[PDB]
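Entry below: contains zoledronic acid.
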Amino acid sequence: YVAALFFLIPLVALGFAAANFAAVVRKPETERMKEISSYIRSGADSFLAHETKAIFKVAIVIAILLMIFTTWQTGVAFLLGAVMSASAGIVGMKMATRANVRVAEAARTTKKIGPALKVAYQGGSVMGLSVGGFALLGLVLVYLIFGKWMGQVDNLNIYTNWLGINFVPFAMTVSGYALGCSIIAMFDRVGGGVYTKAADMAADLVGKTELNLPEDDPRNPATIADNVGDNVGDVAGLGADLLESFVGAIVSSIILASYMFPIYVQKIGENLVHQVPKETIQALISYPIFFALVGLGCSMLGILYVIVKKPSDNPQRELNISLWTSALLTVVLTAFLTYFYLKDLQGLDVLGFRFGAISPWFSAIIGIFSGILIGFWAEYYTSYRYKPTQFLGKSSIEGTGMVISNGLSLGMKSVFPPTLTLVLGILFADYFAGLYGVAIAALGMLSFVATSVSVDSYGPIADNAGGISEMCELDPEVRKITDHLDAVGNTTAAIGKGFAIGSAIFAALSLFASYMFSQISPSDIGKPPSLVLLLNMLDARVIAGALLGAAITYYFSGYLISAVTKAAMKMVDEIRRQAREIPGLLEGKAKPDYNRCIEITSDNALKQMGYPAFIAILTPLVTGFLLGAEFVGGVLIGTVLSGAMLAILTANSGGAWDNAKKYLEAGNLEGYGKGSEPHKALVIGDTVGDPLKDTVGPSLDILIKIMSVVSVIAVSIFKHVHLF
Amino acid sequence: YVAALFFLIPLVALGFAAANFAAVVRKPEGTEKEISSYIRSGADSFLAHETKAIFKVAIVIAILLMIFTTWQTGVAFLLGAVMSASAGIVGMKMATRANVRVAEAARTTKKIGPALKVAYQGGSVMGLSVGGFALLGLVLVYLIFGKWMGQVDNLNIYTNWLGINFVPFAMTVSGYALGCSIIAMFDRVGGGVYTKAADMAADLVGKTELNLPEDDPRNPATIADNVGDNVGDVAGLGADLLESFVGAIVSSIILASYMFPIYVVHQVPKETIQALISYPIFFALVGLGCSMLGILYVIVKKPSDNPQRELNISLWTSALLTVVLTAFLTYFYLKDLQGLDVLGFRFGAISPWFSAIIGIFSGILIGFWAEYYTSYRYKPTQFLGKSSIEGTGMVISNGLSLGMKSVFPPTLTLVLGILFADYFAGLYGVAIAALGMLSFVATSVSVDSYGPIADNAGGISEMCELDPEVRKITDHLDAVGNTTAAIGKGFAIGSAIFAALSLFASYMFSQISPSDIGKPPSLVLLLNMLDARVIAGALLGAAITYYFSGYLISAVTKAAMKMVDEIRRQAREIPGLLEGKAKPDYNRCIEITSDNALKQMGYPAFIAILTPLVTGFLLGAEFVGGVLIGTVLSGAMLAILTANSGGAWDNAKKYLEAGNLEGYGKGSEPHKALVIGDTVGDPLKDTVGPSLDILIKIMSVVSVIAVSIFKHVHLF
Ligand SMILES: O=P(O)(O)C(O)(Cn1ccnc1)P(=O)(O)O
Ligand SMILES: O=P(O)(O)C(O)(Cn1ccnc1)P(=O)(O)O
Ligand SMILES: [Mg+2]
Ligand SMILES: [Mg+2]
Ligand SMILES: [Mg+2]
Ligand SMILES: [Mg+2]
Ligand SMILES: [Mg+2]
Ligand SMILES: [Mg+2]
Ligand SMILES: [Mg+2]
Ligand SMILES: [Mg+2]
């Protein structure tokens, strides 16, 4: 049976990632290189172990609560998704820590971009296969065990658990899975981002501007902290976040299809004429899973060809060819799959398939194209090759104040072009296949999460390799090879963040729909969807909730930035004290103390990482129990809008600042060099952008999805338990 | 009849402002007055050019309105535009004339009292001008078109040629508010761009690069800084706040006018609708009278203990008097009406008074939060300042974090206020509270303008070698003033949010046609946010607000970069300027800033005007409503954040300058980082922040005016 092969696909992805990891094992690693690799891996492993222990304790608590109030299988799937996210993060962290020194040694010996690009892509591919395989494995496991083995997909009827809980079985199970994935991603990424960005700000600022020392200089006591933070915050958090986004895209369609069946009914003399055939509903539920499986398989084939493919001097050319080929093949195979799976079905027109069975494929096509433009728009704004980043670089001569003001404008201006792309994508998907197609586009925009995760992971390995080169005092040319891979990596990371936020926006609209559906009760089960899908924004409660949600998102970003700044200030103080008190460090005859900086950042991150996830979880609950369901819908809408805007702005502005600093550093500016005051302004801009790109930017989509899932899960009790 | 007295009230405000201007126009002269004349000439030239451009564009817009809509709409448009322009220019002239007088008084007396009196008199002239002009234009329109012409008597939805369904007096007041808003937007954009660009360039080049004192005469941009303060923070302030006051009034006026035809067999007696339409005008008149009484008591009384103390005492007394008189007015005027429950008056005739009180208290809480977040007397600004020791990047990051965090308390206050206001009086309450939050705009205008005058005094003190105590007193007053500016911006954004909700209501009402006149109001008040078009429009509106802020910042930064380059070149090439024995070329800096401002002032207003038309003609009315919601949210957030963060940076820089940090003084590297933070916040404080509420209201007004045509005339 081919269903067995498609379900085994994710295990094949995991096996291929393991094979690539083995291929990267036994590669040539110097004794100092091996020592630095062991140090970085030990630091990252310790931090990740502490973070994972805390996160899984909290996850056990959350799972017990979910099992109590909601279906026990809901908590079981929550644990499944949480373990999936944690495993993806740990795998990525280990792969990066192992491959940084391998890529550095390759770049040092061959002196050619080919081998280093090959090794770094092997690491990124291992991580991407881990992400995709874990996501799809957990999702298909939930599907089979709870819907197929337990038959939760067969019932598809609204139940009432004790305490007055109105739920759908498979809906609750998949929602719990997505919620676990999102919680684990939130905790991991928050911790890693705080750590890495604080270390980066302190180290880069103190070394570049105050000590006049090179970047990632071994003399700098914060270099190890910066490298380990890159390994943890931008490598493990990256995988967690992207796996969570993939699972959310799939799960939005899953819940929408599940709710579609029992809701589309007609009351007739108190006889409830069911309006949609169950077979069609099951086909629509399985469609997104099979589509994600096809995307994962196509990404696997593309990555295999790339690893076997001819190496190119420019890594960007190979990355672009790989993603283009994988996307085209996925689109074609998905067209065929969508036609065959939904061919000659019944009820599609009723659920919004105006064109027909192929209408979800048209919506998925809209998602892929919309994402491509969002990435392109990000590239123009964040790349020095394009005009805007160059103007920011030219702004260096005028001063730090001009650089900061110019960067802020580029980010605020940057939001409009992608947002128009998203607005057009949403409208066309609704025209092509209603809300189900909205969710299908959310999924399609991230259909090939494996390749994007692979490239984004490929970046950090090159960064950590570059840091190893300066500390180990390797030849300047080898460092130059590492820098070339990192310059493309920064822009590709911004593109990935844009993809994530777009898929999150689509899935969040579909989750608004699912929430409005969840607001229904058995006595009100016969309402027409027109009355169910109504959220009047003239209701004072709805608009008040929208305002409160936007404000909550803004304060959340502010608190993240505050954590990063506190850590970075502590680090700057420690670096100044070490430089003043320790003799011989600036001359190179003394070895500073990095453990103090590592401890400062680790403690601050582990202490401050918990509160934001708790906020994101409890805000919907408290707001709903206080002001009802309409206020919660308004809060969700405001959060979605504010999060999209702020994520786009922060990612683009941080990338622009960093790329302008690299532009000046590369020597493309006329007359001004590393020690110039304009370079100090670029360093200040890059430090300001460090938290914005990898701390505030990525967390916003996770917050949106987690909040929407919490609301859809808990709306049943808070409609009648509203205090006011 | 007392109606005559209430209509004369605005003339009383104008007469009292003129009397104050004449009394303080004594303008005591000092050592060469020449520099004051120079600054006044520059400011007047810039304002004249700006006004010429704005009035050309206004004539074009008025012709278009008269053609497509009722000519009375364009006439009221011109009336409101002229009112706002007169307020702005009057305030700018008064400040430019009284800055040197107050500075000389403060120098001679060596005491804060006399300078406080003169500066508060200037602010009072400005605030009385704003309030009196608003109420004069409003009562004139009311009387001429609704009372004498009987537009209040008709109260029926009409359909003029081309298929526009409108209400007469509603359209007239909409045109009035739209004209005021266009003029305010243009004036504030120009003045803010000019002033903030000059300030950024001067501070960076002098303090960080040249190591020169603030407002040093050797610096060729100091004159530019003072004149820009006069243009952006003296005229723009009045334009923007007068526009906010007029918008608060007109929102309630329009909602009430649409209700009588929409509610249907008429559910609400016409007398009740006319009474509710006339109520907000009399309420604003009473508020203006109370503000005048408070300003009179303050100006006649002896000097206050603290400059903040006098402003707060005046505001408290005015608010209490307004509350009492408004209670009496609301009871007497609406006591014997009927059908007040149908429109939303849960408690009865006193519901609008409760909603206005809720709005006033929400504004007071917003001010409390602003004072908490933007004053160095409290914890957050102190932490931001201490962040300077950790570098400039740390200062910037902490400032951004503080700004983003400050948005929460005010937003929660606004949520509670919206909820409570709806409970007492419905959406009419949301609008009456929008007005109540700004019931005493005169005193707020006075206090807000008082800051810039003290700033100009400090700049002039540095320009002409003067005793240190003079500039110390002026800087003290200016330190108090910046927080007052932030509190005023908070008041403005809150009133804008309330009026924007009421405008959503009026917009949904306007979407009705004569053939669809019988629909139940419950079905009319629906704007489904699950409609893909509505949410897409919300996203696009948020993006439009963000790109608008980005364009403002880009214009300001380009102008400031050109200015910084010119100042650096002047300092490097001219010998003896840094040695203190020379004098540079200020005219070049002034010309650069003025040219850039005049070139960049047009695009943002055109965006704010055309966004609704294009979005509606492209996607329909639901998309336009979504764009309105997205714009409202994004603008509220961005305005609050920018204002609060800029105020925090500036107050932390003053904290370090005052010597409150241990061991680190003026000219220190941490002080350089603090100056960089304040300069980065400069455009955010007075250019991007205030423009957002004007953008929201202008966009909502344009949409409400043209919703009828695009509701069914949509290309897609
Ligand atoms: O991870 P980050 O963005 O901090 C950094 O990697 C940015 N970067 C450097 C070159 N390309 C991007 P670095 O710490 O090397 O300054
Ligand atoms: O233009 P602003 O109001 O920010 C300013 O007046 C701020 N300030 C100065 C003293 N007290 C407040 P200056 O540019 O003179 O630094
Ligand atoms: Mg860096
Ligand atoms: Mg790095
Ligand atoms: Mg580094
Ligand atoms: Mg960086
Ligand atoms: Mg300043
Ligand atoms: Mg000034
Ligand atoms: Mg000044
Ligand atoms: Mg300033």
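To find a chain's letter, count down the sequence lines: the first is A, the second B. Here chain A follows the PDB entry for its numbers: 2-30, 32-726, in order, are the residues you see. Numbers in chain B track the PDB entry; the residues on display, in order, are 2-33, 36-267, 275-726. Computed over heavy atoms, backbone and side chain alike; hydrogens, waters and symmetry mates excluded. Note that ligands are numbered from 1 as they come in the structure, with each ligand's atoms numbered from 1 the same way.
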Subject >> All copies of zoledronic acid >> reply: ligands 1 and 2
Original post:
From the contacts in this model, which chain binds zoledronic acid (ligand 1) most extensively, according to UniProt?
Top reply: K(+)-stimulated pyrophosphate-energized sodium pump
Original post:
Which other chains have a heavy atom within 4.0 Å (strictly less) of zoledronic acid (ligand 1)?
Top reply: A
Original post:
Binding site of zoledronic acid (ligand 1): which residues fall under 4.0 Å, heavy atoms only?
Top reply: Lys199(A), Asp202(A), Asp206(A), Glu217(A), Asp228(A), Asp232(A), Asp465(A), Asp488(A), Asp660(A), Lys664(A), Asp688(A), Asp692(A), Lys695(A)
**OP:** Give me the UniProt-annotated Mg(2+)-binding residues in chain A that sit with a heavy atom under 4.0 Å from zoledronic acid (ligand 1).
**Re:** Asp202(A), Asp206(A), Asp232(A), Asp465(A)
Original post:
Which UniProt TM segments of chain A, numbered from the N terminus, carry a heavy atom closer than 4.0 Å to zoledronic acid (ligand 1)?
Top reply: none
Subject >> Contacts by heavy atom under 4.0 Å between zoledronic acid (ligand 1) and UniProt Ca(2+)-binding residues of chain A >> reply: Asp660(A), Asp688(A), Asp692(A)
